[PDB]
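Model: Peptidyl-prolyl cis-trans isomerase FKBP1A / ligand rapamycin.
Counting from 1, the numbers follow the sequence of the chain as shown. Numbering of ligands and ligand atoms starts at 1, following listing order. Heads up, header says this was done by X-ray crystallography, 1.7 Å.
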Amino acid sequence: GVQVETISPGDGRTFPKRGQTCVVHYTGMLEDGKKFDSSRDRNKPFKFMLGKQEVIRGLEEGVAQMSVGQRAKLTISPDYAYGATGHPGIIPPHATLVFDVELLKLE
Ligand SMILES: CO[C@H]1C[C@@H]2CC[C@@H](C)[C@@](O)(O2)C(=O)C(=O)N2CCCC[C@H]2C(=O)O[C@H]([C@H](C)C[C@@H]2CC[C@@H](O)[C@H](OC)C2)CC(=O)[C@H](C)/C=C(\C)[C@@H](O)[C@@H](OC)C(=O)[C@H](C)C[C@H](C)/C=C/C=C/C=C/1C
């Protein structure tokens, strides 16, 4: 569902717990294609709480297996992303997504 390839290693010990707020930088693109979003270019980290279905399953499960400081390439299959419906106007049906995610801190 989500494949994780490490860009930079974390501490290897500090992982997100259920109900914790994850602070991340991300860049998102369609596989081998167009970039659709970046928190890095606007210099504003993205915050979400784990275990609250706030983000796509691929990102949730990608961040959940990352330690603090880790940066990774997340390849997210459509079923762990926006599926056959897509995201209106931005993400097509059956789109595999690539997120470059850095887990900055947990709060
Ligand atoms: C302008 O930028 C948008 C985000 C854009 C939307 C379009 C996509 C290309 C994208 O560019 O982000 C993008 O890169 C993307 O695909 N993202 C964002 C980064 C995390 C991964 C993914 C995602 O899951 O987006 C999310 C995706 C689009 C929809 C969710 C997917 C998972 C599913 O379980 C949810 O059903 C509920 C819906 C959008 C979000 O990350 C926002 C934060 C979360 C929600 C809207 C819901 O969780 C909602 O549930 C009631 C909430 O609890 C929120 C906090 C309540 C308040 C009022 C809403 C705030 C909305 C903020 C919107 C923001 C910052």
query: Which chain residues come within 4.0 Å of rapamycin, judged by heavy atoms?
result: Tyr26, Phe36, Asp37, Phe46, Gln53, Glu54, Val55, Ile56, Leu59, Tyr82, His87, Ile90, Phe99
Hey, which atoms in rapamycin end up nearer than 4.0 Å to a heavy atom of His87? 7 (C), 28 (C)
- Which organism is chain A attributed to in the entry? Homo sapiens
Practice task
May I ask you to list the atoms of rapamycin that are less than 4.0 angstrom from any heavy atom of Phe99?
Solution key: 14 (O), 15 (C), 16 (O)
### Query
Is there any N or O on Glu54 that sits under 3.5 Å from an N or O of rapamycin?
yes
Atoms in rapamycin with a heavy atom of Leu59 nearer than 4.0 Å: 20 (C), 21 (C)
Worksheet entry | Nitrogen or oxygen atoms of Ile56 and rapamycin under 3.5 Å apart | yes
- [ ] Give the UniProt domain of chain A with the most residues touching rapamycin.
- [x] PPIase FKBP-type
